[PDB]
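Bound complex of Macrolide 2'-phosphotransferase II and azithromycin.
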Amino acid sequence: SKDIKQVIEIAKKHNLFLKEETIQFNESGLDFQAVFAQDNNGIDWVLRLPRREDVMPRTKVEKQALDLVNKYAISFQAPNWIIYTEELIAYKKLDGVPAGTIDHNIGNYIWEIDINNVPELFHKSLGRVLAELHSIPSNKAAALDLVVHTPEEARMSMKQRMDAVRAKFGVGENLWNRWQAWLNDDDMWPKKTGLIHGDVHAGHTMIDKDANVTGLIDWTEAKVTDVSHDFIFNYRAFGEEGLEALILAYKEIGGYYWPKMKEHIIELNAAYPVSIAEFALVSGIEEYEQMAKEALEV
Ligand SMILES: CC[C@H]1OC(=O)[C@H](C)[C@@H](O[C@H]2C[C@@](C)(OC)[C@@H](O)[C@H](C)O2)[C@H](C)[C@@H](O[C@@H]2O[C@H](C)C[C@H](N(C)C)[C@H]2O)[C@](C)(O)C[C@@H](C)CN(C)[C@H](C)[C@@H](O)[C@]1(C)O
Ligand SMILES: Nc1nc2c(ncn2[C@@H]2O[C@H](COP(=O)(O)OP(=O)(O)O)[C@@H](O)[C@H]2O)c(=O)[nH]1
Ligand SMILES: [Ca+2]
Ligand SMILES: [Mg+2]
């Protein structure tokens, strides 16, 4: 009840007037508490209540990415932080629903689509969305604090991140030689980079009733690098068929394509343990430590 009252008062201080009976809390994270509420005009909002100091420095990158997408992109919605202070971030909820959500059990997906009959519009729409995203001219930005890689630098980045993980955690033997083989295969690696979302998965892909992707949320991992990261979810969730469907739609609307694109994404997928290990470090959450160690094949 006091939580509810505080939400109302913080929102009110930012001229956001809420229906108290609609206020819903997600379980807080280390960084903020996510809150849902409807305003006095019937409009649904998403609030982030900060739980750490230095809100502006820690959100600079996400906000730069959001600014780029809101300026340039028409095929998808992204959060537009109409309220952006150290005390509150809030945006009008995007249309649609997440295609799936990570549950609070094993962590499997609770799906809004039929995993055994994925609508083909999901892949066609996501391919259009990603092709638009990855061609945004991040260079026209006067200021850019996103990580920015050339193709060569994206490869060196993966090499370094892998060495780093093999030295804090160690890395299984056979997994390493796969990784190193991938790194050393010139023809496999893309010759172009782009602005990526960096955390594309069903929980962040908003869909309409026909499973068109209409929006993307949670842009904290945005950067200019290998576009391949935004294809990984499709491969993991939908296998080779959903990966191929996404690549096809992307290529056919003009997205960057190279002959070994599928094979490269599959090798990047095998490097997924690098990202879990890194999250374990930054978050300090014991569950991700054990998750990282199993994924790294100690
Ligand atoms: C397709 C099957 C599965 O789903 C996938 O694999 C997802 C695409 C996967 O994501 C894939 C693909 C990719 C590109 O992230 C979208 C990669 O970074 C991660 C490691 O794995 C998710 C989104 C990961 O969650 C991401 O973990 C990152 C380390 C941080 C990131 N965010 C917070 C910045 C977060 O979203 C996570 C670590 O798997 C979440 C964790 C709580 C529970 N998993 C262990 C479950 C059981 C999954 O295995 C799965 C449901 O069975
Ligand atoms: N349906 C919907 N959910 C949202 C929206 N924005 C945030 N969320 C939800 O709030 C959760 C947390 O928000 P997110 O931006 O991903 O922050 P996180 O807690 O750091 O992952 C998400 O997993 C979504 O379920 C939105 O526009 N629509
Ligand atoms: Ca995030
Ligand atoms: Mg999220």
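Residue numbers run from 1 in the order of the sequence given. Order of appearance sets the numbers: ligands from 1, and atoms from 1 within every ligand. Structure method, as recorded: X-ray crystallography, 1.5 Å. The figures that follow rest on heavy atoms only: side chains count, while hydrogens, waters and symmetry mates do not.
Every copy of azithromycin considered, the relevant parts of the structure are ligand 1. Taking every heavy atom under 4.0 Å from azithromycin, one finds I102, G107, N108, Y109, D199, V200, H201, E221, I232, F233, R236, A237, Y272, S275, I276, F279, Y288, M291. Close approach to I276 involves these atoms of azithromycin, each under 4.0 Å from a residue heavy atom: 20 (C), 29 (C). The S275 neighbourhood of azithromycin comprises atoms 18 (O), 20 (C), 29 (C), with distances under 4.0 Å to a heavy atom of that residue. Atoms of azithromycin found under 4.0 Å from any heavy atom of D199 (numbered from 1 in listed order, with element): 15 (O), 16 (C), 31 (C), 32 (N), 33 (C), 34 (C), 35 (C), 36 (O).
Shown in contact with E221 at under 4.0 Å from a heavy atom are these atoms of azithromycin, numbered in order with element: 34 (C).
For azithromycin and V200, the ligand atoms under 4.0 Å from any heavy atom of the residue are 16 (C). Short contacts between azithromycin and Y288, defined as distances under 4.0 Å to a heavy atom of the residue, involve ligand atoms 42 (C). Ligand-side atoms of azithromycin in range of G107: 43 (C), 46 (C), 47 (C), 51 (C), range being under 4.0 angstrom from any heavy atom.
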